[PDB]
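This entry carries erythromycin.
To match the PDB entry, the residue numbers of chain A are left as they are there, and the shown ones run 2-301. Both counts, for ligands and for their atoms, begin at 1 and track the order of listing. Side-chain atoms are counted along with the backbone in the values below, which use heavy atoms only and exclude waters and symmetry mates. Looks like X-ray crystallography, 1.6 Å, at least that's what the header says.
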Amino acid sequence: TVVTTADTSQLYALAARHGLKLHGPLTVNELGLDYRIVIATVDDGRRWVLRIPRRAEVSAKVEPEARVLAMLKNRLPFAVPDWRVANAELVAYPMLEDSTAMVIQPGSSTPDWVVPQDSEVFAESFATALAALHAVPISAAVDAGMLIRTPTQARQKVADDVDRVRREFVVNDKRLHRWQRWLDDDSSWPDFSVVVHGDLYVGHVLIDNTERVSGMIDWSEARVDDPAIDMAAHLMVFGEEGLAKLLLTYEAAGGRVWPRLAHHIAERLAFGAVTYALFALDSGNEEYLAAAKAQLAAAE
Ligand SMILES: CC[C@H]1OC(=O)[C@H](C)[C@@H](O[C@H]2C[C@@](C)(OC)[C@@H](O)[C@H](C)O2)[C@H](C)[C@@H](O[C@@H]2O[C@H](C)C[C@H](N(C)C)[C@H]2O)[C@](C)(O)C[C@@H](C)C(=O)[C@H](C)[C@@H](O)[C@]1(C)O
Ligand SMILES: Nc1nc2c(ncn2[C@@H]2O[C@H](COP(=O)(O)OP(=O)(O)O)[C@@H](O)[C@H]2O)c(=O)[nH]1
């Protein structure tokens, strides 16, 4: 025979226990630390995504995310995963066939492609899609059992993350002072929270072949929190010019802004170093830790 990375027999058995009959081509991404991701063909002729929790601690997150997606489905003018299977040993949904807004080969550090800076259709539709998401009523999030952070709680969470990094790592003095000045800068912080995606960047946005936003995936970090969380990666990828365009259209679409929002987003992006370091720490992966320590010690 031929050795293949996927164990088709075990995958078939797992899927069949949950009412899904695999038949035909599949592909497997084993690089995730929490889930194995398989895109498999099913007997409905469709591709489905199998998100397979690796451990009990990951399994525990399935039911709450399922409640999130259940709530969001009718409340967003774009598609989200339809978890027709959602349990501790398997999440499965029909694949949303539209491409992600960035394409990258598994394992690679460099994308093959990212939706272009000058794509006006992408820019405008991402901005309106984001305004739509952030318009989801807080009451709907509460009814769905979501994690809720008031503005005070949102700021406390950032402080807590910073302090956890300070306990576990040695951080460049100026970097640390940057975060502390931000945490102390009342004018930077919003006086409201919204439903956020929590892990939003081009890799988690789906686009149709005109480059119009058509969906968003991987909602595991969704919660009610600081709106700027969902804008940091847009600044990283599309720069200050892209951010300026985003904010004008977001506001025009009914998105709530505040005067120092652009500044706050830049500080949130800087804070990404904390997020990465805590991910590294929690992963126990020596390569991620090496990268994190290096970044933290470095002057920005
Ligand atoms: C452009 C293309 C690149 O995308 C990014 O720059 C975006 C903009 C990051 O988000 C930025 C921006 C932001 C806000 O996240 C959206 C911030 O939190 C993170 C740390 O960095 C992403 C996604 C980060 O991932 C996130 O890292 C988190 C620690 C966990 C999070 N997730 C699994 C829970 C995960 O998605 C992270 C580290 O770069 C992924 C690793 C693998 C990369 O090095 C890959 C190769 C990236 O360079 C990239 C795909 O090529
Ligand atoms: N086009 C498309 N890609 C998907 C879909 N579901 C998963 N993917 C891809 O699979 C990758 C990993 O899935 P993801 O849910 O992000 O796993 P996680 O990062 O561990 O949470 C994503 O980054 C996408 O590239 C989908 O419905 N449509």
(message) Mind telling me which chains or ligands belong to erythromycin?
(response) ligand 1
(message) Any idea which macromolecule erythromycin contacts most in this entry, and what the PDB entry calls it?
(response) Macrolide 2'-phosphotransferase
(request) Find all residues with any heavy atom less than 4.0 Å from an atom of erythromycin. (result) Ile105, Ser110, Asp200, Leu201, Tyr202, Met237, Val238, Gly273, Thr276, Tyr277, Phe280
(message) Starting from atom 48 (O) of erythromycin, what is the nearest protein heavy atom, named by residue and atom, and what distance separates them?
(response) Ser110 O, 4.3 Å
(message) Please list, in number order, the atoms of erythromycin under 4.0 Å from a heavy atom of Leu201.
(response) 16 (C)
(message) Does the protein place a non-hydrogen atom closer than 4.0 angstrom to atom 9 (C) of erythromycin?
(response) no
(message) At less than 4.0 angstrom from any non-hydrogen atom of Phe280, what atoms of erythromycin do you find?
(response) 29 (C), 30 (C)
(message) Below 4.0 angstrom, counting only protein heavy atoms, does anything approach atom 3 (C) of erythromycin?
(response) no
(request) State the other ligands and ions under 4.0 Å from erythromycin; answer none if there are none. (result) none
(message) Looking at atom 21 (O) of erythromycin, tell me if a protein heavy atom falls under 4.0 Å from it.
(response) no
(message) Any protein heavy atom at under 4.0 Å, with atom 29 (C) of erythromycin as the reference point?
(response) yes
(message) Starting from atom 13 (C) of erythromycin, what is the nearest protein heavy atom, named by residue and atom, and what distance separates them?
(response) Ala234 CB, 4.8 Å
(message) Less than 4.0 Å from atom 42 (C) of erythromycin, is there any heavy atom belonging to the protein?
(response) no
(message) With nothing but distance in play, are any N or O atoms of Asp200 less than 3.5 Å from an N or O of erythromycin?
(response) yes
(message) Going by a strict under-4.0 Å cutoff (protein heavy atoms only), does atom 17 (C) of erythromycin have a neighbour on the protein?
(response) no
(request) Would you confirm whether any non-hydrogen atom of the protein falls under 4.0 Å from atom 39 (O) of erythromycin? (result) no
(request) Write out the residue and atom name of the closest protein heavy atom to atom 27 (O) of erythromycin, then the distance separating them to 0.1 Å. (result) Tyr277 CD1, 4.8 Å
(message) Quick check on atom 45 (C) of erythromycin - does any protein heavy atom sit closer than 4.0 Å to it?
(response) no
